[PDB]
Amino acid sequence: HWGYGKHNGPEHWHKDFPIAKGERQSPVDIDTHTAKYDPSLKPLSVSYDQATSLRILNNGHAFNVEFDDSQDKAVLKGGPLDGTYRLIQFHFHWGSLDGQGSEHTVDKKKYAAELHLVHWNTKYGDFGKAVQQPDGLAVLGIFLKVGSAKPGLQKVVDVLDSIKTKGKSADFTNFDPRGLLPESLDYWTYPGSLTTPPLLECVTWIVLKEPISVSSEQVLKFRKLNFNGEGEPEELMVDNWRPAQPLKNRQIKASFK
Ligand SMILES: CCN[C@H]1CN(CCCOC)S(=O)(=O)c2sc(S(N)(=O)=O)cc21
Ligand SMILES: [Zn+2]
């Protein structure tokens, strides 16, 4: 099965998921000089005050914090989006060293990690239907760099010991994802795909310009997780990122000058 190892990593995915070589694959490098300011873009609207977290889960590829998306509790709108998209989960991608970890890069710069807040377009009724549509998901991507601690990340970091191995989950209620946002909502946007199998081309990517800072100790705890299940040989969960894919016939738009 697919993973991030030498024998089942990104370079092999196309054999089971041929869309891996498709026309709107993610992630990509954001060339800041070629991206165009688009004054018709509207500000993002992130309304997370009513967000309800339920659970955190190690799924063998990352850890997901899952939310109740049975109603409009935590939603994203505005920007390039038409309609209302509901927050269903967030997760991270990270590296074995501070100089790598992000999926998107900026002028070829790699960050230590990348946060993905996954939202689905409510006009399609459920998440499973939304992924089959060109405008089905909106993912908010936020870069992490190593510096000062991010306080609002700490509750996530402290539960990681209870979900060390694949398939473990733990209750994770009353977590406020607002504590993971940077100060500015300036963004780049382009049409793309899931960055993991099944690699569906269903995503409107919204990547924030401003990284958040986390501490070395915070990221160190991400790297203590395992890809494997309990009682299998230990493999540290690190470098769970897909490299940049060709931009092809796409323009990246910027919300800011
Ligand atoms: C371990 C798989 N994670 C995937 C799959 N997901 C489910 C697909 C089921 O339906 C076919 S998902 O939409 O929640 C989502 S969003 C991203 S990313 N990295 O933000 O582009 C990856 C995923
Ligand atoms: Zn992701």
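All residue numbers given for chain A refer to the PDB entry; the residues shown span 4-125, 127-261 in order. Just the heavy atoms: all of them, side chains too, but no hydrogens, waters or symmetry mates, feed the values below. Whatever order the structure lists them in is the order used to number ligands and atoms, beginning at 1.
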Requested in this report: Indicate which of tetrahydrocannabivarin, alprazolam, safinamide, brinzolamide is modeled at ligand 1.
Outcome: brinzolamide
Query raised in the report: Counting heavy-atom pairs under 4.5 Å, which macromolecule has the most such pairs with brinzolamide, as named in UniProt?
Result: Carbonic anhydrase 2
Query raised in the report: Is there at least one pair of N or O atoms, one from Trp209 and one from brinzolamide, spaced under 3.5 Å apart?
Result: no
Query raised in the report: Per UniProt domain annotation, where in chain A do most residues contacting brinzolamide sit?
Result: Alpha-carbonic anhydrase
Report task. Give yes or no for whether the N/O distance cutoff of 3.5 Å, strictly under, is met between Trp5 and brinzolamide. Result -> no
Report task. Give me the UniProt-annotated substrate-binding residues in chain A that sit with a heavy atom under 4.0 Å from brinzolamide. Result -> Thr199, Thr200
Query - Test item, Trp123 contacting brinzolamide (heavy atom, 4.0 angstrom) - result: no
Report task. Between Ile91 and brinzolamide, find which residue part has any heavy-atom pair under 4.0 Å and reply side chain, backbone, both or neither. Result -> neither
Query raised in the report: Looking only at N/O atoms, are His96 and brinzolamide under 3.5 Å apart anywhere?
Result: yes
Requested in this report: Would you mind checking which non-hydrogen protein atom is closest to atom 14 (O) of brinzolamide, with the distance to 0.1 Å?
Outcome: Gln92 NE2, 3.0 Å
Query raised in the report: What protein heavy atom sits nearest atom 19 (N) of brinzolamide, and how far away is it?
Result: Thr199 OG1, 2.6 Å
Query raised in the report: Quick one: which of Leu120, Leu204, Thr200, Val207 has a heavy atom closest to atom 23 (C) of brinzolamide?
Result: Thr200
Query raised in the report: Which residue owns the protein heavy atom closest to atom 15 (C) of brinzolamide, what's the atom, and how far is it?
Result: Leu198 CD2, 3.9 Å
Query - Ligand and ion contacts of brinzolamide below 4.0 Å - result: ligand 2 (zinc ion)
**Report entry** Subset of brinzolamide atoms that lie under 4.0 Å from at least one heavy atom of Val121
**Finding:** 16 (S)
Query raised in the report: So which heavy atom in the protein is nearest atom 13 (O) of brinzolamide, and how far is it from that ligand atom?
Result: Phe131 CZ, 2.8 Å
Query raised in the report: At the 4.0 Å heavy-atom cut-off, does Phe93 count as touching brinzolamide?
Result: no
Requested in this report: Identify which residues UniProt lists as binding Zn(2+) in chain A have a non-hydrogen atom closer than 4.0 Å to brinzolamide.
Outcome: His94, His96, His119
Requested in this report: Would you please determine whether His94 falls within less than 4.0 Å of brinzolamide on a heavy-atom basis?
Outcome: yes
Query raised in the report: Which of the UniProt-flagged active-site residues in chain A is closest to brinzolamide, and what is the least heavy-atom distance at 1 Å precision?
Result: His64, 4 Å
Report task. Please indicate whether any nitrogen or oxygen in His64 is less than 3.5 Å from any nitrogen or oxygen in brinzolamide. Result -> no
Query raised in the report: Any idea which atoms of brinzolamide are less than 4.0 Å away from a heavy-atom of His119?
Result: 18 (S), 19 (N), 20 (O)
Query - brinzolamide binding site, heavy-atom cut-off 4.0 Å - result: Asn62, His64, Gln92, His94, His96, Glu106, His119, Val121, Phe131, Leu141, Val143, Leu198, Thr199, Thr200, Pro202, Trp209
